[PDB]
Each structure stands twice: as C-alpha cells, then as structure tokens.
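Read the sequence lines top to bottom; their chains are A, B, and onward. Chain A uses the PDB entry numbers throughout; the residues present, in order, are 2021-2361, 2363-2553. Residue numbering for chain B follows the PDB entry; the residues present correspond to positions 3021-3361, 3363-3553, in that order. For chain C, we keep the numbers from the PDB entry: what you see runs 1021-1361, 1363-1553, in order. Atoms within a ligand are numbered from 1 in the order they appear, just like the ligands themselves.
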Amino acid sequence: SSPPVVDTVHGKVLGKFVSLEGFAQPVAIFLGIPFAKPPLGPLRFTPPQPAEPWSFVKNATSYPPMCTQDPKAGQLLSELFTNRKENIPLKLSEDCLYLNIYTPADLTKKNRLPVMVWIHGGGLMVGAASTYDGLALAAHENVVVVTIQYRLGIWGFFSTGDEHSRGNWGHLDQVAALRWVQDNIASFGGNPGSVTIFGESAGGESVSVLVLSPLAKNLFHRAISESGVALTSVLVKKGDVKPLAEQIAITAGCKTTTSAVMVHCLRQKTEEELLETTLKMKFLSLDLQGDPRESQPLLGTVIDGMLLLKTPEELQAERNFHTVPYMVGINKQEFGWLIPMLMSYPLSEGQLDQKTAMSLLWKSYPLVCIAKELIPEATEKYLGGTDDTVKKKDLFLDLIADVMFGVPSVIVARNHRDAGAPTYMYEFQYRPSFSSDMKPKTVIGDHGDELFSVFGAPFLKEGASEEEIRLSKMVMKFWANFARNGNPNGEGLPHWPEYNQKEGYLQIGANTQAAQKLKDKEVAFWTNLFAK
Amino acid sequence: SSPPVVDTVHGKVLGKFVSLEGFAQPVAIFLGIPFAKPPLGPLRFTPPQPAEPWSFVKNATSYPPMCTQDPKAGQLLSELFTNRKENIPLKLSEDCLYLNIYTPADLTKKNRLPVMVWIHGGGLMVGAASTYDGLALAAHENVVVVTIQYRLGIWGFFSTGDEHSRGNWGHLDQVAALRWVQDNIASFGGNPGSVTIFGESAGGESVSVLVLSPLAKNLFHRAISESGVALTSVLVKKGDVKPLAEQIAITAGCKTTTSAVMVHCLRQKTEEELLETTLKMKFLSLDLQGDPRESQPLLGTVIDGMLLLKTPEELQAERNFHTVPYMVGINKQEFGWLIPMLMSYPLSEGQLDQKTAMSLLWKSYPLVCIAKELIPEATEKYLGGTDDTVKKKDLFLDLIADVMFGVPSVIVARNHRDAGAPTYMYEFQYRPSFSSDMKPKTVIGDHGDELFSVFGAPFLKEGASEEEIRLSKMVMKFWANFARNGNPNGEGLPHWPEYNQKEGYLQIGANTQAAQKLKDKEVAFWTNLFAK
Amino acid sequence: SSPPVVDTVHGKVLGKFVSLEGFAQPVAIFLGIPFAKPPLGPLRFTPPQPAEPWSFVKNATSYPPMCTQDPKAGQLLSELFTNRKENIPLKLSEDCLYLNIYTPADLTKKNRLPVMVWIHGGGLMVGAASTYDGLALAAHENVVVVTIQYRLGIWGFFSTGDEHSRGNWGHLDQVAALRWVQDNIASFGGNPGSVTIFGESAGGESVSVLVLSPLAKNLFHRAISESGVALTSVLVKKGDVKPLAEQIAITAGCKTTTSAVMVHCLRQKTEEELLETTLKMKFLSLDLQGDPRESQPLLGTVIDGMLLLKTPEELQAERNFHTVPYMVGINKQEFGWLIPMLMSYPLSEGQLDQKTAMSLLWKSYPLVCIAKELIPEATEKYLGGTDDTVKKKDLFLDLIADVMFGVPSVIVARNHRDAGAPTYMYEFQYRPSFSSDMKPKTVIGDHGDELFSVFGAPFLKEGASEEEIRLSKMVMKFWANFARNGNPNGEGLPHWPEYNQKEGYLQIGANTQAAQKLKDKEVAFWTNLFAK
Ligand SMILES: CC(=O)N[C@H]1[C@H]([C@H](O)[C@H](O)CO)O[C@@](O)(C(=O)O)C[C@@H]1O
Ligand SMILES: CC(=O)N[C@H]1[C@H]([C@H](O)[C@H](O)CO)O[C@@](O)(C(=O)O)C[C@@H]1O
Ligand SMILES: CC(=O)N[C@H]1[C@H]([C@H](O)[C@H](O)CO)O[C@@](O)(C(=O)O)C[C@@H]1O
Ligand SMILES: CN1[C@@H]2CC[C@H]1C[C@H](OC(=O)[C@H](O)c1ccccc1)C2
Ligand SMILES: CN1[C@@H]2CC[C@H]1C[C@H](OC(=O)[C@H](O)c1ccccc1)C2
Ligand SMILES: CN1[C@@H]2CC[C@H]1C[C@H](OC(=O)[C@H](O)c1ccccc1)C2
Ligand SMILES: *[C@@H]1O[C@H](CO)[C@@H](O)[C@H](O)[C@H]1NC(C)=O
Ligand SMILES: *[C@@H]1O[C@H](CO)[C@@H](O)[C@H](O)[C@H]1NC(C)=O
Ligand SMILES: *[C@H]1O[C@H](CO)[C@@H](O)[C@H](O)[C@H]1NC(C)=O
Ligand SMILES: [F-]
Ligand SMILES: [F-]
Ligand SMILES: [F-]
C-alpha cells in the first residue's frame, strides 16, 4: 500500500513498510526524524532547542548522519556492533540530532504499545543509531523501538566548569529525545505512558545518569543498563575540569584568558577544525609515553548543576528520588578482546608477569583509577596464583573488567535495591557467531556480545544456529516483558529472581539459569582497597 | 519652503520638495525609508523582520543601495528602463530593504490620496526601485507613488525545499513593505484603504503571486500586472528544488550533507562570495551547450507553504478566495529585442529557417519549457507561414512571447474573470523615442516599452513628440482612474471595455481603441498541444 | 576562620579576607564579579545584557581583565594612579564587565553601610578598576567600596549616529553595574538605599552624564565629580558623528556603504584587529602639523536619544528631574604635568612666547575647542602680563586647565545649585609624595593628585608623613560623610559651606579652609569670549 504517513506536532512524516519473515503486519520504519534544532553556529555548546516545524510532508526514508567523530573508529565500531547484514556507511555532520523509529503497530488503528528507546554506546566519543536495526525486536515482541543520537566528544561534552559552558550537551540531547517521544510517540502507535530506556556501554552509563537526573524525571518508566553505569569512572569526570578545557582550547589554537573567551573562540572553529583537534587529542587509545594521571581518555559526564546536582556516588546515596524498575547486567569477559583491541592495548605476547602487569596496570590509570600504592596488592590479588604467565594475562583482564563494569554495576544494583525500587541483574555469557575473525574463540561474553541477542541479529544476518536463534528469542522476550510490566518474567521463559537481599541474578547463555551474589566477593575486595 | 518632516511609527523622516514644470503644488519626496531590519548575518535566507525605531529625525534624502546583483547587468537594465533624464549610479548591498515615496498631497493637511506601489522587474535577479522616478505620475494624476525593493537572486530566493530555508524571501519583503504602507501611508497623505500594486515583468509576476497569496490579502485593493504573471513558468519552480540548492552550495564551495548544513555554510559566506557564485552561475543568459532541461535560467518563486500553499495553476482554480480589480496587460512584441539582446541569443544574421528554429526552440527549454517531441508541431504552426527567413525569425520571436506572456496572461485573466472579479486587459503597441540606439526601429511594443508612458517619461526627458506626450497622459490617466475606482474609464479617454465573456480589451498606442478575444486562437493551440 | 561566601541573585560568590593595621575586623574582598554577560560576538556594540547565573560557588579571588586598550598606555596610567604599594599588571580582553567589592562589614551579621561606587578615568580609552584598592577607604570610613569597569574606546563608544549603533555602550555598562548594586549589594553588608557614585577625570564626566540621564534615575543617591564634568567638550561629541564612524571603519578595513554595513563588518573584526585599529588612530597623542580641526581626540559620550536626550548644556538648563546632592571639585594645576606628559607636549623647553603659544593653543583645538580668531584674545588675557617666557609657559598651562576643568566645573555646579539641589565644591592643592620622579616639584595639585588622599594611599604605600596621613584621613572622612548624609560636615572637621549664592567652596590641602567664588573671574571671561 501507500507509504506510512504519520502526523506529528511539527508536521507530517513519510516512511516505508518493511515486512519481516513470519509476520503478516509489515513494520513501519521512519529514518532521520529531527527531534531538535540543528546545533550549529551559536547553538554549539548550548542546550538543544526544539525543531522548527515543516509545511508539507517530510520524507523520513534516509539514514541520518552520525555526529562528528573519528570516522575510522566510528565505522569500525559500527561494523562490530551492527545487527543487520551489511553495515550501513554513514556521513558525518554536526546536524545529527535525529532519531529512528520502528513501529509494528497498525497505524490505521489506535495502538498504545510499550516504547523502548535505545541509547548507543561508543565511550561518548563515537557511535550512531542507524547501526542498530529494530525491525526484528519490534516485530517479535510487538513494541515500538526508537533509536536516538546525541552530540559526541567536544560537541556534546566540552565543559569549562562554569556557566559559560556547563557541559553534558550530549546528555541533554538524550533528554530532549525523551520529551519528543512523550509528545509524538502516540502518533506511531506507542504508549507514552510506558517508555523504557536501554543502552549499552556509554549508552548504559547514560541510562544510569538519566536515572539519577531530575531532568529526565517522568520521561521514562523503566531502565536497563548493559555493561555500563554512572559509577563507571572513566565516563565521569570528577574534580576541576578547567585544565581539560584549556588543553583542548590551546590545541584548537584558542586563548585561555577566560572561560567565555575560550567558548567564543571554539564556536568560531569549523567542524573540520574541531575534528582535527579531536584526532590530535587521541581519546580512545592507551597513552604509554607520559604520566598516567595526565592521560585524558574523554570528556565524559560532569556535575553541571543541571542534569546532575552531584556525583553519582552522592546522589544514589540518598533515597528521595522517583524510582523505577532498573535492570543492570554485565558480560562474562567485558575486557575480553573488543575494548583492549580498539584502545590498542600493549598485551600482544599472550602472557605477562607481576612486574610487567603492575607496569601496564599503572598506565591504565585513566581507566581503572588505581593509585600506584595499590598497584602491587591489586595485581597480587588477581595474579598471585599460577606461575603460568598466560593464565596471568587472562586474570589481568578479569582484573580490569571487574573495576570498570563488574563491581560498579553490582553497587548501583544494590543501592537501587535499597532505595526500595525493583532491581534486576544478569550475567551474559555467550559467544555469538557474528564475532570478529581476529577474536580468539577462547573468549566468551565479550563487550557488546549481548547486543546480537537483544536486537535479534540472528533474524537479519545469516548462519545463525537454531541454538543461537532461540537464545535471541529468549532475550528479546525477557527484555520486552520488562518494558511491559517492569518484570522480565513470563510463561515459557526461565525464572528471573528479582535482585533483592538474596542478590539473585540470571545467567544467560547456552544454559540460562538463576544464580546468586554476582561478583559479591570481588566487590568486597575493591570496596576496601579503594578505601586506600 | 522647509524640508517636509513626516512622523512614522519608527520615527520622524525628513525629505525634500521638488517641483515639476508647470505644477504649483510641490511634490514631497522621501528616499531610502527602511521598512525592515537589514537582512545581514543570521537574518540571511530568513523572513524580513520589523525595522528598529530611531531616536531623532532621520534624513531620508539619499538614494538607497540596490540589492546585491550582477553590477553590470543591473546597471544596463537601469539605463534601459529609467524614466528620469540622467541615470542614477547605484550601490550594491544586502542592506537594501528600502522604499521610496512620492506624494503630491499637502502634508500640512489630512489627505487620503490613492496609493500606487511599484514593484520593479529583472527576472528576480537584478533591478532596483530608484530606477523609476514617481514625480511625473504623482503630480499628473495626484496619487502617492511608492517604489519598493526586495531581495534578489540567491539572497531572496534560495530554497532547500524544506523548513531549513523555505524560500520566497523576496516576496515576503514585498509583503513587508506592503504592511509598512498600511501602517504609515496616511502620514504621507495616502489612503491605506486604497492601495494599488503594480509591476512589470518579474514585478508583474510578483503582483500575480500576491493576488493569489493568502498572506497578501488585505494589503492592497487593486492589482496591475504589466508583462508577467504567475503562469510565466520561467519564474516559478516546480518539483524538487533540492538539486538547484545543492548545485549552488557546491558552486559556493559548500558541503551538501543536509539542508541545514547547506544553509549554515552559505550564511557564513561574504556578500561578495555569493556575488561571485552568482557570476559563476551565469544566470540570465541562454546556455547553448549541454542539456536544455538542466539549464538554470534563474532562482524564482517556489511553493514555500507560507506565501504559496500550492502551484498557481491549482490556486486560480478555487473560487473561495478574496478577489479585487485586476488589470493584466502585454506588449505587442514581448520577445522583440530587449530580452533576446540581454540573454545573448544566436540571432545575429537577422533571419532563421525551420531547421535552426527547432534546434533553438529546444535550447530555449528553460524559457518555454516545451517538450522535444512537441517542437516540430509548435514550429510548424508558427513558422510554416511564409518562406521568408526573416519573417520566420520574427514569427519565432512571437512564438516565445506567446508562451512566456501572451497565453499565460490571458489564461490568468479569464480565471480572475470567471472567479467573479472585475478584470481588464490591454495590448501596448508603440515605440518610445527613449528606446536604445541599438534597437531596430522596426520593433514596436518591445518588452518594457509601456513603462515610458506609465511613468510619464515625456515629462522628465527630452525629444518626446507631442503624440508621445499625449500617449503618456492617457496611460497615466487610465492607471490612476483604475487606482481610484478599480476601473480605467473616465471622460476624455477612449472607452475601455471590461474583460468579461466578450473578452474585450484595449489596444494602447497611436490609435487607442477596443477589440476582442486577445490571443484567443493562440491560447487554444497552446493549451491543446501541452495537453498531450 | 574560613573564606567569605556570599549568596547573590545569580549564585554564590567566594572572596578572601584582608586585615588592615588598626582594625580588628578584617575586610572581605571580592575580585572579578561579573555584572553583565560578556559583550562578545553579536553582543558587541549593543546594550549590556544580564549575567548568566552559575550553579555552584564562584571564586572571585582573582583580578579580572581590563577592557581592550592600549596595553602600554593602560599600564602606565595604572602605575601613576594606583594607590597600592605594588602596581598589579593586568590582562586585556573584551570580556571585561566585572566589578570588585571591598566590605568592612561583618558578613556573619546584618549590616547596611553606605555604598561608594567608583568609576575610574582614562579619557574613555584606557583604565581599569583593579588599579584602585578600596581596602583603606572601606576599613577607615566603614563603607562598602565597589570598583567597576566599562567598555572603552571603540568597544564602548563607537557611534554611527543612528539606531544601527547609537553609542554610549560604556555608559550603559556603568548603569548596568548600578542596577547590579541595587539588586545584590545587601548581600555584602551594603545599604542599597544609600549609593554614592564618584569618579575622577573621564570617571568624573561619566558621573556627570549619569546625573543628567533618565536611565540612572534612582540608581544612586549622591554624586561626586573629581576633575571632569559633562561640559568638558573633549569627552562629548556634538554634531554629525557619522564622519568619525566611517573614518574608523576604513582604518579597520571595512566597507562604508551604510551604517548597518559598517557595524556588521566591525562586529566581524577580531579583538586584535580592533586593537590595531585603535593604535593606528593615535587617539591619545596630539598632532603637531596639518589641521587641528581635522584631528580626532577620542570617541566620547554622544547624544543617543536613550542615555542623553539632548546636550548637557540643554539638559542642565532645566530643573525637571530627580535632584541629588552633587559634589564637584578640581585641582590647582589640572594641566600641570600629567596630561601634557601623556599627550607629549612640545613644552620640552620650559619656556613659551606669545607667538609659539598661539600656535600650540590652535594645535590643541581638540582639547580646548577655541576658534582661531579667538586665540589671540584669550592668549593675551593670560600671557599678556609678564614678558617672562617661563611664566607664560605656566600661565599657558593654567589656560588649558581652566578651559577643560575650571570653568566647566563651576558652571555645572552653579546650574545644579539653581536647580535647587545640595551642591558643594572644592579645590585640591597638595603634592603627594607618591608622585613620579620625572615630575617637577614646582607642580602642586596636578591631575589626579587627590586620588592618593581619597583612597588612603598613605595607609597602603610607604613613607607618607604624618601630614599626608592626616590629609588622607580628612578627605576620606569628608567623602564618607557626604555618602552618608549628602553633607561632608562632621565632628573633627573644618566647616565645608554649601554652594549657595555666596558660592563658598573648600580649599583642601596642607592648610584646609573655606573660601568663596571659585574661578569666578575666569568663568565670566570665558563665557564672554565664547559668546562669539
Ligand atoms: C539525504 C536525503 O535524502 N535527504 C532527504 C531529507 C532527509 O530525509 C531528512 O533530512 C532526514 O534524513 O528530507 C527528505 O527526505 C524529505 O523530508 O522529504 C528529502 C531528502 O531527500
Ligand atoms: C551612506 C549614507 O550617507 N547614509 C545616509 C543614511 C541614508 O538616508 C539611509 O541609510 C538610507 O539610505 O541616513 C542619513 O541620510 C540620515 O538619516 O541622516 C544620513 C546619510 O546621508
Ligand atoms: C583565567 C582566570 O584567571 N580566571 C579564573 C576565574 C576568575 O577568578 C573569575 O572569573 C573572576 O575574574 O575563576 C577562577 O578563578 C575560579 O572560579 O576558580 C578560575 C579561572 O582561572
Ligand atoms: C588481534 N590479536 C593480535 C593478533 C591476533 C589476536 C591475538 C593477539 O593478542 C594477544 O596475545 C593478547 O595478549 C590478547 C588480546 C585480547 C584477548 C586475548 C589475548 C594479538
Ligand atoms: C544589432 N542587431 C544585430 C545586427 C543588426 C541588429 C538586428 C539583428 O537582430 C536579431 O537577430 C534579433 O533577434 C532581433 C531583434 C529585434 C527585432 C528582430 C530581430 C542582429
Ligand atoms: C623633563 N621636563 C623638562 C625639564 C624638566 C621637566 C619640566 C619642563 O617642562 C614643563 O614644565 C612642561 O610644562 C611639560 C611639557 C611636557 C610634559 C610634561 C611637562 C621641561
Ligand atoms: C518522498 O516520498 C514520496 C513517496 O515515496 C515520493 O513521491 C517523493 O518523490 C519523495 N520525495 C523525495 C525525498 O524526493
Ligand atoms: C574555587 O577555588 C578553590 C580554592 O579557593 C579551588 O580549589 C577550586 O578549584 C575553585 N573552583 C573551581 C573548580 O573553579
Ligand atoms: C542630513 O541632513 C541634515 C539636515 O541639515 C543634517 O543635519 C545631516 O547631518 C545630514 N546627514 C548627512 C550625514 O549628510
Ligand atoms: F561506550
Ligand atoms: F523581470
Ligand atoms: F580620563
């Protein structure tokens, strides 16, 4: 029939139907819907403003650009995380505040299906929404899937520490996309009364941040963090952020007389000029030559006084905030291959010794945040075993993963629980067939592996076994049920214990079964070690 | 006496008194009155905004700049259409939103004289208001004459097809200046309740557009289109305008990743950079090599969705719309010398044959928009007459004139007529003594020839025979009478029948008398041909 | 016990304590508090906009930058006027709208002490607030002292003479600071209901202008003009100013097609570019050859139609406005050494004859504004006496001093008196030990010599004698009493008569006592000569 045409507040939107195998009702897809005014010129380094309305019918049938980022790194991550057959090459632009919608609802009628907003990851430096296709999830579980984008790197996170540039522009874009949904999603057969935000990695941490922010209050009703939370140090800048702002400005060829002078100067810079600055800063690579405490991994989240009134530690410590069902999960080997490879980690010999371990762990300061006085003990706790240099390197990775995702995730889960809100945890342990060739088959539950089950990659790509297909059908149902009742459980699916005092979590993989006290031991150790 | 000082909404304006040979009543003249804020910087490619108010008295005693255009092309047209003796040298600037006023009213007393607002032509690419002196008309028929300006070329008509740059900036200016008139004319002895708009060529097509625009309603009560209407295709863009925008962005050295990207980039360019882009484009000149269907004649009117909700063809269909007295006229030989000479036509030998005719007609695509399979029938219907190559060249010029003005003008008139509103038509056939020395004396009723009678050139220049002086007097009468009563008739003047079903019109010239069915046979042929 | 933290409408401010010998209660100092939004980008050449509120605690413990100016000239004047022991070197920046506060109040309690707002001088081309340390005056007279800054030169006074750039930006900033004081001063223990503005030189003229401006109505309750008033021609521009605008524009490398075009262009220029333009104009210096009337001193105050509705002459002619106690004073030798030296006067021979003098006075047209036909007359009235060139040189200095400050000051005073408001006058006659070596010891009461006494330099620098100390205590007490009651009289002080019909004034110096009719003779004379 005639392409799908939905009416929104700003104007009519045109899309295209896409039927999936085994589903009569085709899925309506809208690509590149603007949810905010293009942040160009004077709007750079400022909160997102509403999108100007249009006079006729807007054709939303073309993938939007991805926010300015390292094009090589961007395309690489996309190819590794995409759930669709062939990766979709994208263009770069500052005009990237768009979102993609996938509704399996029959627009001719009135439907109120649950809405699931996806926040992509990429360390807040790279990524896009187009990378994730929701055609499968939307059909198999009959939910309206929405993928959003937000300013990355300098454009979405540059902060001078004061009012001239508070920061968190990227986080504000997410909040704006959430309001867009509350105001228009009903036009796509989605129930604005039931919105679930979920994201992986930096997207995960973003979810945690939104769950603690007063600005997002009432913009969602359930949240899910996949391998990433607000306690994930590397993504949250604590202390005086001024030194960073100046370092960036100097590189860009700007004076540092005052804050307003820097912001003004940086606004004058071109996109290419700021992309070059980015490349020079080398944000997603382990800095070897230099002091570990001087390596700037990124311009993560900050305490601007708007989105976040104080550090995540401080905020969660209190129990006076709108609580919602929150699902926090991690993978078996978060630091298995993906992250180390991208960051170009030194580990290439396949083995390591205490001395070298403590040497590498040190330079990993901008990631784990371990005082040089805690290096020995930390290394001993994980490598103080077998003489096998090879088995050491493996325990070294588990060492890093526990500090970045493991312990943090569990902590957030505990606090949310104590806050008196429905909490859930899981430990994904599986090795997708879509993995990379360079990835050693001895790795399972790597960073981002759960993505393929979540977005039903086995229903779009080819070569998926019946075992890999069912696993996905299970995850999608678990997720979708949560978006529906704030409870993953359902008929035909194993039992998922709510993370309470017993601290029971679900283990997903070849064999999905419940368990208890995830990393419980690991947490204890670090909680004391970190206490100096 | 002392310089006239009128009080307007945004401040007091100072002018000067000028006396015309024989008239005791001195005419108050104001030059350079702003009717909007200068469309500089971010205000480029945006609607005109109200002008900021001034403190003391503003000297409105100097000619304003003409809108940025091809300085050479603009200077030529100014010297070929000016009715004043010596041609005034103008300056270029994006700061060109001014209007000139000519009032014979006695400012010392309340006066409600009819107001005639003039809209200059020039293919929407060149032109200016200072070119036309309103002294003679204002004094002879006692009416306030107002010449207005509007953004041209890229500045006034650049459109990306969407909300990022809808377009028709130039027409919105025409509207702004009209609202200004309704708000201030009374202070100049003019009656806002009786404003007549009239223009020639592009100024004519503009009147035709305002007559059809829901925004213009109530800003004028009488319309006059001299050689140019909404059906003159060359000036109206249909279909996706996105290609033209992208071609312009590229020529200016801008990326085309998205609409917003283009507009932002172009807004960062200097006036001169856009003027160089203009010259590079080579607009008003016939392209003889390439593809006629791709040739870009100019940047005209589009369907923004604010000024025009749909194409003129569809608009004139409806009856449910406000209607006013409309006078549509054309010249004997619209494609006689002027236009061809300006666009550099291959016509130099002074004759033409059937074979070279069909070829030329095709390259003339951007003007007559005639299919390539229709060329044979069209050429045979006009040139199949005699075997005289010279007559074939003249009958070929009649071909282009009919398609660009003849047929369009009549169709527009018949629609206004059947719409239930007073309509009037005429055909000017005379050769002013103010013609160029380069125009053959055999050309009678060439494009723009009426302008000399309309603006009483015979009373400002020299060499005008009494016969020509007489023609001018009659013309200004009819006009002013039409302005006064929406009817040209008045004792002392030949009778001008209303354009009703008998399709009676007036032939102006040495011998002025009525006739019937103007271009009747012509309209039939062209409507039937295009039907295929 | 802990750094001073104060809450304001815009956010928290953090200062520092500084104790002054003789006072138990340490003074709370706040440096660099923003009272407006940085006048950058499109904000240049526009009214000051409110400052953006900050989220946490802002540290105002660092000296703010001074507005862009001649770095050399700026730093020189600061060392010559500074009352602190060591001159503080400052940075330049368009982001200069800050104010400094010195409060002797105990912020742990509720206090409401009189507020004295200082407006530094420097011909509206240079100067800073930081130059003046309020520590002494604040502690000694128990009053809150506020030092403000305002846009200088082109940035603060560029006028096209119309609505596209009225001018007086620098005066608007001063008014913007006064509003900030009324909204937040109570947080600093200040009494918003008792604000006294005072300034020296261009600061004196500013105060004088604020007294005639409707915009300053109810923003201060007492005024003090030290050596400068609104009748000091040199700082006030009369007549068409457009010619000056164009002159700057061309120098800066801009077009001059229209006013809007000129302002649009200058806004594009970088700080460094406008600064280089400043240095080129040679604003401070004096041209010895050419034509005196073709020179150009500066960009003083203009008649914008906002800040000032008409010339100070016309405005003071009316007794229709808010009348507040006004104190106007001058020094013994206004043109004794300081100004001449800074402009580089050819008086490097210490001698001057009746013929060489008539030449200088003419060349000094932009400073005295005297028709060349009058030069001979005036020159006689002063130098027509002794045949001693050495005395002629001195009498010549008295000539200029009387025309710039002497006569203007008394006239301004008398008019205020006749308006029926409290008036007072004084004449400082002392030679501060904190003078410059290169300064002749025969010069007593040079321009700005009262500043050392007013700001208590004897209590900040070293070597002051018991006499110089006593003088400073007396002056401060006099100023503080005036701020308190609008009357300088108090116990322990001589009697300062009001400026009624007897025209009594105070002779401040080593021997302070009252007198009558200040410059009465000179006032009568000049008024006559100028009557031509
Ligand atoms: C690259 C591209 O095709 N641009 C298209 C854009 C984009 O879809 C939107 O900017 C969101 O991507 O808008 C249209 O689709 C539309 O509204 O009619 C037309 C145009 O073809
Ligand atoms: C370039 C130039 O000379 N500017 C002139 C302008 C123009 O009138 C307006 O810009 C409209 O052109 O304003 C004046 O006339 C005026 O109001 O006193 C002064 C001046 O003569
Ligand atoms: C570069 C500079 O000196 N500016 C400084 C400003 C100024 O103190 C205020 O803006 C008043 O001028 O704020 C800081 O001191 C601060 O709040 O800690 C840090 C910053 O470095
Ligand atoms: C892309 N990798 C390169 C070539 C193949 C693959 C394994 C090898 O890595 C190592 O020896 C590391 O020690 C390592 C890294 C990541 C996971 C396991 C082991 C280096
Ligand atoms: C300067 N002109 C050149 C040589 C003489 C004169 C007429 C001719 O004109 C044309 O071919 C035109 O196409 C034309 C103009 C006007 C009337 C008829 C035909 C070409
Ligand atoms: C260096 N100066 C020389 C010798 C001592 C001192 C004073 C004198 O000049 C004057 O008295 C002039 O009045 C003057 C001219 C220029 C600058 C400052 C003072 C000339
Ligand atoms: C928009 O889509 C419609 C229907 O698919 C099509 O007719 C039109 O050409 C498209 N417009 C664009 C973006 O070219
Ligand atoms: C504020 O000042 C304190 C010291 O007084 C300093 O430690 C801190 O860095 C400043 N705040 C910031 C982050 O600007
Ligand atoms: C405009 O004319 C008036 C009338 O004397 C004059 O005051 C003003 O300066 C003139 N403008 C210019 C810049 O020529
Ligand atoms: F991430
Ligand atoms: F035209
Ligand atoms: F000064």
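Structurally, the main neighbour of ligand 5 is the chain that UniProt identifies as Liver carboxylesterase 1. By its PDB name, the drug at ligand 5 is homatropine. By chain letter, the other chains having a heavy atom closer than 4.0 Å to homatropine (ligand 5) are B. The source organism recorded in the entry for chain B is Homo sapiens. The residues lying within 4.0 Å of homatropine (ligand 5), counted on heavy atoms, are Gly3356(B), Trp3357(B), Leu3368(B), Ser3369(B), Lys3414(B), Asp3415(B), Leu3418(B), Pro3461(B), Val3464(B).
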